[PDB]
Structures are given as structure tokens and as C-alpha cells.
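Heading - mecillinam (bound form) complexed with Peptidoglycan D,D-transpeptidase MrdA
So for chain A, numbering is the PDB entry's, and the shown residues are 63-90, 99-121, 133-226, 242-362, 366-550, 567-613, in order. These numbers come from the heavy atoms of this one structure, side chains and all, not from hydrogens, waters or symmetry mates. Read the numbers this way: they start at 1 and go in the same order the structure lists the ligands and their atoms.
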Amino acid sequence: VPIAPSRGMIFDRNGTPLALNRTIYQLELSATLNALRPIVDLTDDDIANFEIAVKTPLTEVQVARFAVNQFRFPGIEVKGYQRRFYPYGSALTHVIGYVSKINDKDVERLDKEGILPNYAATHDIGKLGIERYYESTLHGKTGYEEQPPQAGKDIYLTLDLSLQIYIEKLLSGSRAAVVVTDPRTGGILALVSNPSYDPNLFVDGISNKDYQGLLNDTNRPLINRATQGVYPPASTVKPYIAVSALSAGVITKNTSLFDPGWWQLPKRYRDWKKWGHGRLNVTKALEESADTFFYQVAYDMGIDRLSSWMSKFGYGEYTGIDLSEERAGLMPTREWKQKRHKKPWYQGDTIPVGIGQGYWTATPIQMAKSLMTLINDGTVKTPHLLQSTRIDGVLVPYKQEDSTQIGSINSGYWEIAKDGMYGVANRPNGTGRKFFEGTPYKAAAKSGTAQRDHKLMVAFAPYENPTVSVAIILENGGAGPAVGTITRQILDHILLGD
Ligand SMILES: *C(=O)[C@@H](/N=C/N1CCCCCC1)[C@H]1N[C@@H](C(=O)O)C(C)(C)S1
């Protein structure tokens, strides 16, 4: 008979158990049943429902009490089964996901993959987050009764629980998403969607009452806003668009344009600054998040050569984060618009896209990826949750297969685009100077406002040689605190405690 394997555990960067296995003890003529009532406190309910496990769950007391009366009950034995436990619950609901009961649907799927024998004795399966993406590595090989089951591999995530909780705290009541990342590794220090729910509700098996709650909730907690949230990336895109315009030579380090707070299609487009920024280079256009300047560059570069370059930053593309719940959003093209809407591409479509607006939609993870790329001077990093896997009691570390590069690393285009962001935070004309008031570290940021308007901030530090990057969005503005406020708080927590 099949011996179910113990599911591999999930841990934060510092080995803090995030997903655990709790032992549930089970007991397994109608005279015998009444005889057990005093020995295990078998209730009128446990016999009614029992109509195979006679009593569940047993308490170590009731077990120990049956254990000494084992001889007085023939064949009846105590069985130690396991249930997934999520200590930190709602904190990780999205990134860790959860295991839930296998239904006849999950069966059919296992059947055609030819692994149904492995799940013979297994009741729960990874249905979300790391639990789903790594279900394979977390399940283990099944054993037989005596050929022992090979226990599922432990997964060490790059997550920092301390930070992950701290973010959830800061996003309270705000439909929001945050993706802290170590840009040196691609490692996701934190991945937070608000609102969340208890992952533990699913382990036993979720009530259609409880699910229709999460399903029909206005705030839509079920959605991982970090990876499945499609938002206009708005001004966050400008630094990458900047680098793309430089590489394409459609602008240069110093390319003065005059902003009157307006830009018409040579049909006007209002800059955020009602009476404009005046004489603008990219460095200043980024610093002050000037629309006019980028409205122009959009037109000069044109949809096809802009779309192409953003596709290199991974917009419209799956980031390759180790999660099965992900959207690619859309980096729009003529090709796309024609197919999709069955109308050709107008120039009034290229202008919105120039300020990460229009048809352009992005996932916080996409935004987090594109920033890491900009930080590493075009050496693309895949956002990864997995830090290492326990393979034969050895931690085997994550190793990136994607060696991708874009343009020349030695091109001083990254340095200027980044310097702009250095300005957005440190210099007095900067959009986010208010938020990085007196940072012991030197932070670089690019704020953004989409379409109540979404409020966005990508940011990284210490600029001098960065070890953190953040992509935060607060759907329809912050519940209360500013996106810039929270970005400060997050960079504080990591860089002051480092
Ligand atoms: C970037 O996305 C930029 N443009 C956004 N909008 C155009 C002007 C009307 C306001 C909303 C749409 C915004 N970037 C933000 C920011 O917070 O950085 C501003 C305020 C500079 S405008």
C-alpha cells in the first residue's frame, strides 16, 4: 500500500519555516465504538460523522490513552497523518500560496501527466504560489508497505519574513502590491499583495461560503496584484524609455526641448506641470517626471521602435518569476492593435504609451524586473523567489539560465537614466525629494501616477552600489500613506538593519 511522502518545507532567506507539516493523529461490532468513548473521548458527533477514520483529530492525551488500551481493540491503530500549516498566514498567502484538497479535476490532470501513482496516498496539492510552481519538488517520491517514501525537497525562498510582514502592515486597507528585490541576484526580498486572506482556509478545504466571500470581495484579495495586476506603469517607464531613446540615438545626453506645459500632435497633451518645466534634457525630464519631454520622444521614436525596446526590458512579457499566477500585460504594437481591435494604429496611440499610459499595461513584477535590468546596466535578471533547494540534505542554490543583455553595459546611458532617478529623490527639482529627506544611504527613485489615480514608485539603493530595489503600487492611491512614504520606510528597514 502507498506511503504518502512528507511535503518539503518552505523557508524565508534565513531558514524561518513559512510552510510546515503538523501531525494530525487519527483512529482507524458497534459495541467497540461505545467502548472507545471513554478512551479517546469519542463524541456522538465523531460516530455520526464517521458513517476509515473513526475519530479525528486525536489529541496526544487521547492517543496515549488508546496506546495503553491497544490490546483491548483488535486491528484498530493510531495513524500520524500531516497537514500543511502556514504560521504567518495572510503575510505570504500570494508568494507561498497554499496546498488544498485534490478534487476529481486535479486527478484527471495528474492522470494524463502519468504521475497519479505518486499522489495515490496524497490528499492535498499545491494550488497557488510557491506551493503550486514547486509542487513537483515539494511533493517527493511515494513509498510502499517496506520501500520508504523519498520526502519532498525543502525550498529556501529569498523572501525576508521580517520585511514581508512589515510591508503587509504598511499596505493595510490599501489594494496594493510591493516587490522588493535584491537586484544583484534577482532574489525577491518581499512580494506583497493587499488585501490577502488566510492560506490555511484552503489546506483542510475551503467552504463555498468562504470562497464566494474571497471571490465576490470588491477588493479582490484572490488576485496576486504583484504578478497578476495589470496597471498603466505610467511614469515609472520613463528611465527605460530614456535609455531606449539614447541607444536608438533619437535623443542624446544633452537634448534641450522647451516645455510650455503642453505638447500638440504635429490634438494637445497636458504635462502634469500646468505651465511646463521649460528647457529639458532627459536628466531633468526624469528628475521632474516631465510628460511633454517623453510625449515628444514617443513621437520621434514611434510605436514600433519604442514597443521593441520595452519588450527588451520585458514589458508585455512573462518575467519568469517561479509562480504560475502571472500576467504579461501588454506592450502594444501596430501588429497587436490591428489583430486585437481590428483598427489600424493612430499617432494619438504612441503619445499615451510614451508616459507608460494608453494600451501599455504592466505587472509590479514586470516593473521590478525592468528596474533590476536598468540597475545592472542591461544585464537582465529573472525575479526568483527560490534561494536554494534541499537536495540530499545539501542546499543547491538558484542559478540563472537567462544570460540576456541589452545594448552595451559600458554605454553611459544607464548612468544618466539612473542619475535622473538619483535626482527624483536627492535633488530639489526631484519628484520624490520629499520622501528621501536625510537618507543615510543615497536612494534613486522614479514616481508615477496612472489614469482615483494609481500611485506608483520603483526605487533602489544604495545608488552608489545598489543591494535593494522596490516596485510599489497603491491601487487608486494609498489607503493613507503616500507610495513614496512606504518606499522610504521599506528602504529604511532593509538598509538601516543591514
Ligand atoms: C508619469 O506617469 C506622469 N504622468 C502622469 N499623468 C499625466 C499628468 C496628469 C496626472 C496623472 C497622469 C506622472 N508622474 C507623477 C509622479 O508621481 O511621479 C507626476 C505627478 C509627476 S505626473
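There is a covalent bond between mecillinam (bound form) and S331 OG.
Taking every heavy atom under 4.0 Å from mecillinam (bound form), one finds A330, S331, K334, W371, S388, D390, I454, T530, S546, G547, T548, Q550, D568.
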